[PDB]
Visitor: 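Here we have a deposited structure with echinomycin present.
Convention: sequence-line order gives letters A, B, ...; per-chain numbering from 1. Modified residues are described as their parent amino acid, or as X where appropriate, and contacts from their additional atoms are not recorded. Header lists the method as X-ray crystallography, 1.5 Å. Every heavy atom of this structure was used, including side-chain atoms; hydrogens, water molecules and symmetry mates were not.
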There are 2 protein chains.
Amino acid sequence: XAXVXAXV
Amino acid sequence: XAXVXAXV
DNA sequence: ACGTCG
DNA sequence: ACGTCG
Ligand SMILES: *C(=O)c1cnc2ccccc2n1
Ligand SMILES: *C(=O)c1cnc2ccccc2n1
Ligand SMILES: *C(=O)c1cnc2ccccc2n1
Ligand SMILES: *C(=O)c1cnc2ccccc2n1
Ligand SMILES: [K+]
Ligand SMILES: [Mn+2]
Ligand SMILES: [Mn+2]
């Protein structure tokens, strides 16, 4: 849920 | 993830 | 259940 | 020369 590299 | 030159 | 740049 | 999460 975090999106720092993916944002899922 | 680190931004030391890109910051992704 | 998700992976990234100069 | 450096790693970023709910
Ligand atoms: C987002 O909150 C979150 C938490 N755990 C994960 C595990 C695997 C893929 C994506 C996820 N996203
Ligand atoms: C994004 O591509 C990415 C990959 N690995 C991680 C590990 C821990 C926190 C955040 C991350 N983000
Ligand atoms: C950030 O933590 C991080 C780690 N590895 C990477 C590889 C390629 C592009 C960006 C990256 N960012
Ligand atoms: C920033 O543009 C950049 C390019 N190469 C690196 C190599 C190692 C650590 C940090 C770096 N930052
Ligand atoms: K982001
Ligand atoms: Mn991964
Ligand atoms: Mn690394």
Visitor: Which ligand numbers or chain letters correspond to echinomycin, including copies?
Guide: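 You'll find it at chains A and B.
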Visitor: Counting only non-hydrogen atoms strictly under 4.5 Å, which other chains reach echinomycin (chain B)?
Guide: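 Non-hydrogen contacts: A, C, D.
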Visitor: Any idea what organism DNA chain D is from, going by the entry?
Guide: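 It's listed in the entry as unidentified.
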Visitor: What label does the PDB record give chain A?
Guide: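 In the PDB entry, it's Echinomycin.
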